[PDB]
Visitor: 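This structure is in structure tokens; I'll ask about it shortly.
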Amino acid sequence: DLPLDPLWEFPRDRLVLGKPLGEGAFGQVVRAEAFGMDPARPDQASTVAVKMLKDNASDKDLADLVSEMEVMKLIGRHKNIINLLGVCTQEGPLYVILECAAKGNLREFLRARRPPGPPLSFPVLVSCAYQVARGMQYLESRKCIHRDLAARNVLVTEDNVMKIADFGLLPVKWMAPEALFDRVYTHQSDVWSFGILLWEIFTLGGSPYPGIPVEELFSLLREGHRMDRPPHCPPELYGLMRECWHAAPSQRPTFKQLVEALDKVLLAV
Ligand SMILES: C[C@@H](Oc1ccc2[nH]nc(/C=C/c3cnn(CCO)c3)c2c1)c1c(Cl)cncc1Cl
């Protein structure tokens, strides 16, 4: 439709699609082989992920999709986020090219390598948490947010780099109380979800509030109850979870303070 952005346009001729990766609600994501995404070398053929409208399309699907593409242009590169590589708006159907995370999302990454009984050593788990904290701090600094913030929304590269998916200016067990009841989202509500994700990591991909149907959960939070410390999880990291789950948002740590705490934990080597 419109227009041509020379900072981002990529010719479809050097883009052969491949097997689907997953969906959706905004668009199908396929694996794809791209030729010459790094123009220092017109030969090196690296893989990417490509986002497209599925086809009984919209009228609320192309709208946010192009809105999604414009948002990623403005934030720019960061190591701990799914970066935008190029776009194809010149010959018909819209393609959005992004970095490929070979190992799927964080929750699948953890559960697939789970032990059978009583790889994912302690520093790797801290490494995952530190990286996601680094990504969320950057997003907040660009006055952008990510309300969802579950392990299923963090992708893992071939090199165990954590990259947050989705960017912009019913998953009820991850949501801070004010976003759950008052329906208001802040940077401090993001920190609540990070605590839940912290717990997702050190249970190696467990389900939050296990055995609890999602309803009465609000009463237990009102009663001051939080999830217990997972086994073999050190009390320092459970202390951070409890700080992320403090009822008052101003009593919660900011993403800066969570990066320093996790950094001090990684430095223990
Ligand atoms: C809907 C999908 O969006 C994206 C967006 C950018 C991406 N860059 N790279 C991948 C690789 C996906 C993959 C590679 N292996 N596997 C099997 C793993 O079980 C899945 C990928 C997926 C998604 C998925 Cl597929 C998963 N979680 C979150 C999201 Cl948003």
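Numbers for residues simply follow the sequence, beginning at 1. One-based numbering, in listed order, for ligands and for the atoms of each.
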Visitor: Write down the drug at ligand 1.
Guide: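 That's LY2874455.
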Visitor: From the contacts in this model, which chain binds LY2874455 most extensively, according to the PDB entry?
Guide: Fibroblast growth factor receptor 4
Visitor: Which single UniProt domain of chain A covers most of the interface with LY2874455?
Guide: Protein kinase
Visitor: Tell me the organism the entry assigns to chain A.
Guide: Homo sapiens
Visitor: Can you identify the UniProt active-site residue of chain A nearest to LY2874455 and give the heavy-atom distance to 1 Å?
Guide: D148, 8 Å
Visitor: Which neighbouring residues and nucleotides define the binding site of LY2874455 at 4.0 Å (non-hydrogen atoms)?
Guide: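 With non-hydrogen atoms counted, the site is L21, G22, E23, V29, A49, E99, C100, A101, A102, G104, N105, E108, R152, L155.
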